[PDB]
Amino acid sequence: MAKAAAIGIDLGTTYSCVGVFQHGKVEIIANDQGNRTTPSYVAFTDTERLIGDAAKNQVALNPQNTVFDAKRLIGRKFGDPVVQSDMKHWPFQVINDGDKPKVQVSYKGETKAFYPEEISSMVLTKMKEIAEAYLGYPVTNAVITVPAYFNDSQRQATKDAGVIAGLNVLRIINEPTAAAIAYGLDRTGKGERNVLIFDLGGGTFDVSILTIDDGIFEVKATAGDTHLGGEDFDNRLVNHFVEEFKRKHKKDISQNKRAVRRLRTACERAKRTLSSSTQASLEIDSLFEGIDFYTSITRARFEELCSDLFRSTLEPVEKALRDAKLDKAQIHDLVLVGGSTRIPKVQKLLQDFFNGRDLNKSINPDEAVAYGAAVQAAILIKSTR
Ligand SMILES: Nc1ncnc2c1nc(Cl)n2[C@@H]1O[C@H](CO)[C@@H](O)[C@H]1O
């Protein structure tokens, strides 16, 4: 029953996703708000702890006590220059507990501090409960994914997050490996198969090159930008619309925190529409000083606004190829991961770079990692019996 069942969890930087493999198919499980992915956010309020959508939904009202980006801290020492640099950009407090970072917040009127693995365990507990509501019984066996570049300390702290969350961690597997499994790229028989995974998420960009030799995965190269993602594209749209509001009304809205956040969420929404329509409409009632902001933007203008950022995704692709010592024509498969890979201009730039090649994109790119983890979790629980 429950003991013969296992879930696959993509514990992402900005969003998490859970899947289950049963009756010959992967089911990506929707949360209680009907969303197939859940924000990797934990909010501490005057009455409760919120996880996911409810936590992300009140981030503007409670920024000091809304934790996100715990994955950037997990398995790291406080003195790590990555931690010291990131801390300057977070509205929540990060404290030092014997060279270990803790996020410090106000919860039910009291000061509390949490290890990154405790924050990530709250996200994992939510994914576990989302799976349990779908299945109708508690599932505790899980495969949890991590970036291919995670070291042993980061892998161990992710496993620790799983244990705190009440999950039996069958295995910690690499995100690009789970994506290659999702497309069945490890079941093509014999001979070395070179796979490139292009993973453009909400806040990070990862390029991975893998060689699959008779089911055995080998990481040949990892490249990318840990601070490039979908939210940089939302921010480019925001600057455009702030400048358009200034041209139409001779008013600067950039200082009105509420106006900027309402514009940001509307921009993120319009950006998604631009992946399937050649225009998107913004409909903001009373954006600033009672002025409605009803406008539109073409896909051509959005592509111009992010042109340099889209083009920058090709440097880590070239870098990964040189590190792996492979030319373009030596790559057998190209896999898209992350919601931002739905952007037509991004697909076109990657396909043209690989000389007109087809892209593996039939699986929802923000779901491919959980899909593969779910497949692996099923194989692993079956072998355990
Ligand atoms: N249809 C889409 N067109 C463009 N961007 C998209 C799309 N869907 C998602 Cl999710 N994202 C973005 O992916 C990230 C999460 O993986 C977020 O930045 C989200 O906006």
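In what follows, residues are counted from 1 in the order of the sequence shown. In each ligand, atom 1 is the first atom listed, and ligand 1 is the first ligand listed. Atoms considered below: every heavy atom in the structure, side chains included; atoms not considered: hydrogens, waters and symmetry mates.
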* Can you identify the drug or drug candidate present at ligand 1? -> 8-chloroadenosine
* In this deposited structure, which macromolecule lies in greatest contact with 8-chloroadenosine (ligand 1), as labelled in the PDB entry? -> Heat shock 70 kDa protein 1A
* Asked: For 8-chloroadenosine (ligand 1), which residues make up the site at a heavy-atom cut-off of 4.0 Å?
  -> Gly201, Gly202, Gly230, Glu268, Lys271, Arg272, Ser275, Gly339, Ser340, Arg342, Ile343
* To do: Give the atoms of 8-chloroadenosine (ligand 1), by number and element, whose distance to some non-hydrogen atom of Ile343 is under 4.0 Å.
  => 4 (C)
* Check: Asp234 N/O within less than 3.5 Å of 8-chloroadenosine (ligand 1) N/O -> no
* To do: Considering only non-hydrogen protein atoms, determine which one is nearest to atom 7 (C) of 8-chloroadenosine (ligand 1) and report residue, atom name and distance to 0.1 Å.
  => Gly339 O, 3.5 Å
* **Nearest protein heavy atom with distance in Å, relative to atom 1 (N) of 8-chloroadenosine (ligand 1)** => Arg342 CD, 3.4 Å
* Asked: Which residues flagged by UniProt as binding ATP in chain A come closer than 4.0 Å to 8-chloroadenosine (ligand 1) by heavy-atom distance?
  -> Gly202, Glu268, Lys271, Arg272, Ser275, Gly339, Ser340, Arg342
* Asked: Does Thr14, backbone or side chain, put an N or O under 3.5 Å from an N or O of 8-chloroadenosine (ligand 1)?
  -> no
* Under 4.0 Å to a heavy atom of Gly202 - the qualifying atoms of 8-chloroadenosine (ligand 1), by number -> 14 (C), 15 (C), 16 (O), 17 (C), 18 (O)
* Asked: Among protein heavy atoms, which lies nearest atom 3 (N) of 8-chloroadenosine (ligand 1), and at what distance?
  -> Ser275 OG, 2.7 Å
* To do: Decide whether an N or O pair under 3.5 Å exists between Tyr15 and 8-chloroadenosine (ligand 1).
  => no
* To do: Considering the heavy atoms of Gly230, write down every atom of 8-chloroadenosine (ligand 1) situated less than 4.0 Å from one of them.
  => 18 (O)
* To do: Would you mind checking which non-hydrogen protein atom is closest to atom 20 (O) of 8-chloroadenosine (ligand 1), with the distance to 0.1 Å?
  => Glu268 OE2, 2.6 Å
* Asked: Which organism does the entry credit as the source of chain A?
  -> Homo sapiens
Check 8-chloroadenosine (ligand 1) for close polar pairs with the protein: N or O on both sides, less than 3.5 Å.
residue	atom	partner	partner atom	Å
8-chloroadenosine (ligand 1)	3 (N)	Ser275	OG	2.7
8-chloroadenosine (ligand 1)	8 (N)	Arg342	NH1	3.1
8-chloroadenosine (ligand 1)	13 (O)	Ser340	N	3.2
8-chloroadenosine (ligand 1)	16 (O)	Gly339	N	3.1
8-chloroadenosine (ligand 1)	18 (O)	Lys271	NZ	3.4
8-chloroadenosine (ligand 1)	20 (O)	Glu268	OE2	2.6
8-chloroadenosine (ligand 1)	20 (O)	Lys271	NZ	2.8

